[PDB]
Visitor: 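Structure incoming, see below.
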Amino acid sequence: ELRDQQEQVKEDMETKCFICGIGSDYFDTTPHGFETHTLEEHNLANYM
Amino acid sequence: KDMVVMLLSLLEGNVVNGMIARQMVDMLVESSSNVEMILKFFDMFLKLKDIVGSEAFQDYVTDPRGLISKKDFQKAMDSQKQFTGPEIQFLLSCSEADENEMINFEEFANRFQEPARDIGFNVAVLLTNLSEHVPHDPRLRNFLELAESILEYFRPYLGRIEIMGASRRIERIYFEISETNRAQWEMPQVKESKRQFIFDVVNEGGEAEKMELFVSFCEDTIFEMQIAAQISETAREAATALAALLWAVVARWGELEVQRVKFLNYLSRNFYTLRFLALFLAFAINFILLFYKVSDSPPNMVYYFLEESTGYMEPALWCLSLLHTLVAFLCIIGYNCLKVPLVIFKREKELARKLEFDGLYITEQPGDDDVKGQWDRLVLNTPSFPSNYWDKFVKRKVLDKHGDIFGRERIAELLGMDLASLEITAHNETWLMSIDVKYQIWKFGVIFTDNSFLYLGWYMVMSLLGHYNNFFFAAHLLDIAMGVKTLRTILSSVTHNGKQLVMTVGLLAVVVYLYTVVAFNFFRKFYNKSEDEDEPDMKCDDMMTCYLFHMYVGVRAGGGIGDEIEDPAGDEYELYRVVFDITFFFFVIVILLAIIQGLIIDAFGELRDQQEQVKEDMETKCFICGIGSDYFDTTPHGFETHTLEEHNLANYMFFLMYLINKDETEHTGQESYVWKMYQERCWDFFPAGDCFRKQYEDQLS
Amino acid sequence: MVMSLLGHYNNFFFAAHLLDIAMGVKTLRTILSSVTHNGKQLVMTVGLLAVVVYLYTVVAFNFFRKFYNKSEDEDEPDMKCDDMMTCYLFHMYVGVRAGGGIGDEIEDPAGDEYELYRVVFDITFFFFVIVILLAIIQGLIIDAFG
Amino acid sequence: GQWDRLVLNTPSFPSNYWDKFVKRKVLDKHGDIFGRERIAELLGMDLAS
Amino acid sequence: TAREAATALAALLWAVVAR
Ligand SMILES: Nc1ncnc2c1ncn2[C@@H]1O[C@H](COP(=O)(O)OP(=O)(O)OP(=O)(O)O)[C@@H](O)[C@H]1O
Ligand SMILES: Nc1ncnc2c1ncn2[C@@H]1O[C@H](COP(=O)(O)OP(=O)(O)OP(=O)(O)O)[C@@H](O)[C@H]1O
Ligand SMILES: Cn1c(=O)c2c(ncn2C)n(C)c1=O
Ligand SMILES: Cn1c(=O)c2c(ncn2C)n(C)c1=O
Ligand SMILES: [Ca+2]
Ligand SMILES: [Zn+2]
């Protein structure tokens, strides 16, 4: 269960944007939606 | 054919309900009798071959000459009843009669087959495109109904793709798939590569990697097809029964050059069968090996062979040793001639694309981080760098691209061409001496880099050294583990959790070492494994001996360290030792060993689950355009329609090969556009989440 | 019926009719069908275990013949690992069944030659053939039933 | 299929099937393509007449 | 059970667990 938790942390981080919640689903229709979204639109470091 | 090509090029680019398509069908109606007559001609002369090839028509043949009379001709096509009476009369008028009222069925069928193939295909393409673009056309329904047999015959050769590249509008493109392409695609040699690629690309999961590796696999598959085309054309009884059962379950001066070529083709054709039979010989030699026995003196230890019918099997091992060695060497030659070109093509393509975009040497900073990237250096200077790759102008293209910035003369000496005079002469327009050394060093270096070739080389070393000691053929028994998929997964499960496994093994070693330290510091009195009181053997007075004994006994036994410990009854430290023994049991037997076992079995379970999930995801959604089956469960038998016609995976490689084959000036607008799009190495022509139905559901009907 | 008629010839044969309980109950039917559900992987796993124990027995015959004495009496030293067939049978009968490696059966090392190599061989046999193969068989069967 | 070939050319072929007229349907479907005599020999029927 | 074997085992263990 612990190992599943560390795996789920990475899975949720990669399939969902932390800043705004939903992600990689509506953006997935646009090519490279999630990558651009997390690099420019909604990024954790840019808020700090 | 030129007529219909012009017509369909005129129609190209139309919307679902456009004036062009409406006028198209209106004009087709305006010549209803004429187009119907043409379609009837095609239908009759196409069903002609089906009629003639049938056994029912063959039964009416009653002449050793092989020519059928006109009366029997009419009777046969009356029995078939496919052709109407006036149609049979017209066919009789068309008969190439030899003045004896006898007509050759074979010549009559074959003569009017080759010239009409292209035009029949084009007419079928036109009719299919009109039906697809404008479904609500009652007038076109009659023409489609008359175009029944022609469409069915030309359907396997026909293929449909739905790339979107113009004005963000999805459109359909049709082309001709030759019989040779599909026939060679049906070869299971490329089918296995298809399975491996469809596993690997889904395993990777990269968004752009999908299309990138798809195109890379298409290029590699085309190269493999080229290679294939160029190369084609008592206890003994129980032990014997067990071996048979195992085998059953597991199994289920120019003349010199001509001979060399024939030998290479022979080895390349049945390399896999050669490997299988080599495995069987390894089984046989190990089985024969299973009957040895040692003795004190020869018939000075002696390894002498003894069993019933020595003449059957003692020379058998002797001859099969050499036979296995020769078979394995032929296996090396076959592997060198078969698959090494494919990997060298992969590496050449990868380095060329890196040199073009990443510009590894125009920037001249490999960094020496990767040994492969460093070894990539020697081969640029060789003129024969791009020979294996289909393109050989990548060096000149990169020169023209980036020599204005980095200096043309700088990369003139780097990329291996003689000088700018070499390109000037190119624009102007013994075999031993033609061999370039550095290219060969790079070639065999990358050959010695690949894992499969080293596995086969280790096989060579073992087979050659097996004559030094016959027991060394037991190493060749590992092909079973390296063969069938289940044992390959079993072996890979060990390496899957390598980091975790080694770390927990280290943790177990740490725990046992700490327990050894405390056992020496407190309980050195109890470790008395000796029986005779005259010469006691204290198992724990030195660190190394005590630690070795712990690692050897405490973990292995399962009961704990106390099994070999003298019973602590009625003595000091009795409770301080019962605590130590119970915590040894609870921390070394029931947890850590269980942790390792669970790690191994869960790694294997995860590997099997991922293998099943690959096949599942194969069906949940189509990976070309990233569309699920939800839109097509709304209609009966829908996802099959998508896979077969809309975004079929097999038809894309046919489309690429068809683009390669025909010349540039014959490309249509869509074909030229997709050619340019691929040449730019930008992948947006793919549907990319947009199917035709998604755009045109309103008028799809 | 055939077994029942055989039973009249010898009553002992009526014991084979007790297997009908398995087909009678759904749970027992699933229990027996677990073996044949994943029998493909199980057969090759058994083959792998046989291959591994064969490698270990040929290694033992090549280098460890003098540690395989099983006869307590010194008058008649019974060399269990005297021939390939006998040594392989002895391993496949005792080592896997014991569950604690072959060290329970082989005479323990007393600091003689090959002591380090002997302990490495014994520990790797224990690991590979106990913690890996038997555990995989157990997990495969229980996971198929689950 | 090799074993079920044996039950084609015998009477009372649809003993348990609801439809006892499958022979006529198979005839009317495939006799034109495969010849009436061949279908008659295969299906075990006496004759088309 | 000599110095060389223990040294090699400890070196391999440290090399693995260092990273
Ligand atoms: N708000 C967010 N900030 C950062 N990453 C996010 C965010 N939301 C989603 N992600 C996803 O997490 C990924 C990065 O996560 P993480 O910090 O674990 O990776 P990293 O390996 O440290 O990053 P990188 O190698 O790109 O520097 C992003 O590429 C993106 O897919
Ligand atoms: N582009 C695609 N998108 C989604 N599914 C596809 C696509 N192309 C093929 N398929 C799937 O392929 C399946 C056919 O696979 P099948 O069981 O016939 O064997 P295969 O592994 O593809 O090998 P082969 O056809 O070469 O014998 C179809 O049922 C379909 O689901
Ligand atoms: C000859 N040829 C190929 O063989 C080829 C290709 N693209 C991929 N391949 C395999 N191109 C553009 C090409 O001209
Ligand atoms: C009389 N009958 C049947 O007996 C039958 C059937 N479908 C199945 N059976 C058994 N139909 C359609 C039918 O008409
Ligand atoms: Ca043109
Ligand atoms: Zn699609």
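Letters A, B, ... mirror the listed sequences (proteins, then strands); counts begin at 1. Note that ligands are numbered from 1 as they come in the structure, with each ligand's atoms numbered from 1 the same way. The displayed model is a subset of the deposited entry, and contacts were enumerated within the subset.
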Visitor: Write down the name, per the PDB entry, of the macromolecule bound to ligand 3 with the most contacts.
Guide: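 The largest share of contacts goes to Ryanodine receptor 1.
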Visitor: Drug at ligand 3: what is it called?
Guide: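 It is the drug caffeine.
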Visitor: Give the letters of all other chains with a heavy atom closer than 4.0 Å to caffeine (ligand 3).
Guide: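 Those with a heavy atom under 4.0 Å: B.
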Visitor: Which atom of which residue carries a covalent bond to caffeine (ligand 3), or is there none?
Guide: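 As deposited, there is no covalent site.
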Visitor: Any idea what organism chain B is from, going by the entry?
Guide: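 By the entry, that would be Oryctolagus cuniculus.
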Visitor: Any transmembrane segments of chain B with a heavy atom under 4.0 Å from caffeine (ligand 3)? Use UniProt's count from the N terminus.
Guide: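 UniProt-numbered, heavy atom under 4.0 Å: none.
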